[PDB]
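Bound state: Microtubule-associated protein tau + MK-6240.
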Protein chains: 6
Amino acid sequence: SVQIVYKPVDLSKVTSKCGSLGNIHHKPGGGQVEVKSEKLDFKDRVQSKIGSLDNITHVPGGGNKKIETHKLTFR
Amino acid sequence: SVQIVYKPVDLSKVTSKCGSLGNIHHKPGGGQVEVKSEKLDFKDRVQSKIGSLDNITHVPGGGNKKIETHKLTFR
Amino acid sequence: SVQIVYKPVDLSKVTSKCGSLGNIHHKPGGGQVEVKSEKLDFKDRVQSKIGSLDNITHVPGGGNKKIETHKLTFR
Amino acid sequence: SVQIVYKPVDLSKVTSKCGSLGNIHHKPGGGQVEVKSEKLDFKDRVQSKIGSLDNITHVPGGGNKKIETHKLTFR
Amino acid sequence: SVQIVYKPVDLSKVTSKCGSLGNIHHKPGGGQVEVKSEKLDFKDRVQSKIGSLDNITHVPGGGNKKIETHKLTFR
Amino acid sequence: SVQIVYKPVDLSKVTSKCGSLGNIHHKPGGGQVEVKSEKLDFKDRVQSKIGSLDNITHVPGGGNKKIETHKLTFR
Ligand SMILES: Nc1c(F)ccc2cnc(-n3ccc4ccncc43)cc12
Ligand SMILES: Nc1c(F)ccc2cnc(-n3ccc4ccncc43)cc12
Ligand SMILES: Nc1c(F)ccc2cnc(-n3ccc4ccncc43)cc12
Ligand SMILES: Nc1c(F)ccc2cnc(-n3ccc4ccncc43)cc12
Ligand SMILES: Nc1c(F)ccc2cnc(-n3ccc4ccncc43)cc12
Ligand SMILES: Nc1c(F)ccc2cnc(-n3ccc4ccncc43)cc12
């Protein structure tokens, strides 16, 4: 006989407080990018960037993350 | 005989407070990008960027994330 | 005999408060992009960008995310 | 009695030969300029440029110059 | 009694030959410029540039110069 | 008695020959400039540049110069 009981209990807090958030300046001075390739072959589950001059300002008021995997395998 | 009981309990909080959010300046000075290729072959589940000059200002008032995966496999 | 009971309980909060959100300036100074290719072959589930000069201002008042996957497989 | 005999002689050549002139690429990636002032006071014979993002391609087939000043002053 | 005789003789050559002129690439990656002032006072014979991001391609087939002054002063 | 005889003689050559001129690449990677001032006072015969991010490609097929001052003063 097999009995499997899977009862995780989660009471977690992920939390932040900020009084104020601001006066943020992102002022990048350009630039130059060159890429040479011949053949690209991309297959299962690829994340790729080639030849980029990207500027990102990311200012979340919270920006909190919780990541949670439950896996049960029986054979 | 097999009994499998799967009862995860989740009371999670992902939370934030901000009193004010602002005064954000994103002012990029241009730039230059060149890419050369001959052949691109992309198959299953490819995320790709080639030859980009992208500017992003992302300012969510919260921007909080919960990611929660439940997998039960019986063979 | 097999009994499988799958009863996840979820009371999750994903939440945010912002008193004010604003005074955001996105002012990009142009730029230049060149891409050369000969052949593009894209098959299942491809997300692709080629030769881009994109400006994005994304300011959600919340922008909170919950992603929740339940998979039960019986073979 | 005073005699002034001002007789300059000039058989100068300013000259060029070019067999072919070309394949010229001027390809600038943008940029960003900011100038702050409160007061400008410009008087006689002022040449001024303030806050400029200027692109010039100048390709004369000759572009040769002769500058020649003659000045006789008597008091 | 005074005699002034002023007879410069000029047979000068300023000269060039080029068989071909070309394949010139001017390709600048942007940039960022900021200038702060309060008061500018410019008087006689001022040549001025303030806050500039200038790109120049100058390709004269000759571009030869002769500059020449002939001053006679009698008091 | 005064006799002043001014007879300069000039037979000179300034000269160049080039078989071919080319394959020139000027490719600058941007950059950043900040200047702070309060008062500028400019008077007779001033040549000035303040806060610049300038790119110059200068390719004369000749580019030869002759500068020539003749001056005579009498009292
Ligand atoms: N999620 C993505 C794709 F689907 C494809 C290409 C990517 C390239 N880059 C990032 N990336 C994230 C954070 C970071 C920081 C610095 N550089 C790069 C970064 C994420 C990608
Ligand atoms: N979600 C996406 C696609 F479907 C295809 C291409 C992508 C390229 N890039 C990102 N990416 C995310 C964050 C980050 C940060 C820096 N660079 C790159 C980034 C995401 C992509
Ligand atoms: N969802 C998409 C498509 F269906 C196809 C192409 C894409 C390229 N890019 C992004 N992307 C997202 C975030 C980010 C950040 C930076 N660069 C790139 C990004 C998303 C894409
Ligand atoms: N002739 C002019 C005016 F009447 C007033 C302003 C000027 C500003 N600049 C130039 N100038 C010439 C060549 C060069 C090269 C680089 N930067 C600047 C230049 C000339 C002007
Ligand atoms: N002729 C002019 C004006 F009437 C007023 C401003 C000027 C600023 N600059 C130049 N200039 C010439 C050659 C060079 C090279 C580099 N930087 C600057 C230059 C010339 C000017
Ligand atoms: N002719 C000019 C003006 F009337 C006013 C400003 C100037 C600033 N700069 C130059 N200049 C020439 C050659 C060089 C090389 C490097 N830097 C600077 C240069 C020339 C000017």
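Proteins get letters first, then strands, A, B, ... in listed order; numbering begins at 1 in each. Counting starts at 1 for both ligands and their atoms, following the listed order. Looks like electron microscopy, 2.3 Å, at least that's what the header says.
Other chains having non-hydrogen atoms less than 4.0 Å from MK-6240 (ligand 6): E, F. In terms of protein heavy-atom proximity, atom 1 (N) of MK-6240 (ligand 6) is nearest to F:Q47 NE2, 4.0 Å.
Residue, atom and distance of the protein heavy atom nearest to atom 18 (C) of MK-6240 (ligand 6) are F:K49 NZ, 4.5 Å.
Within a 4.0 Å radius of atom 4 (F) of MK-6240 (ligand 6), the protein contributes one or more non-hydrogen atoms. Listed by number with element, the atoms of MK-6240 (ligand 6) under 4.0 angstrom from any heavy atom of F:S48 are 5 (C), 6 (C). Other-chain residues and nucleotides with a heavy atom under 4.0 Å from MK-6240 (ligand 6) are E:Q47, F:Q47, F:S48, F:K49.
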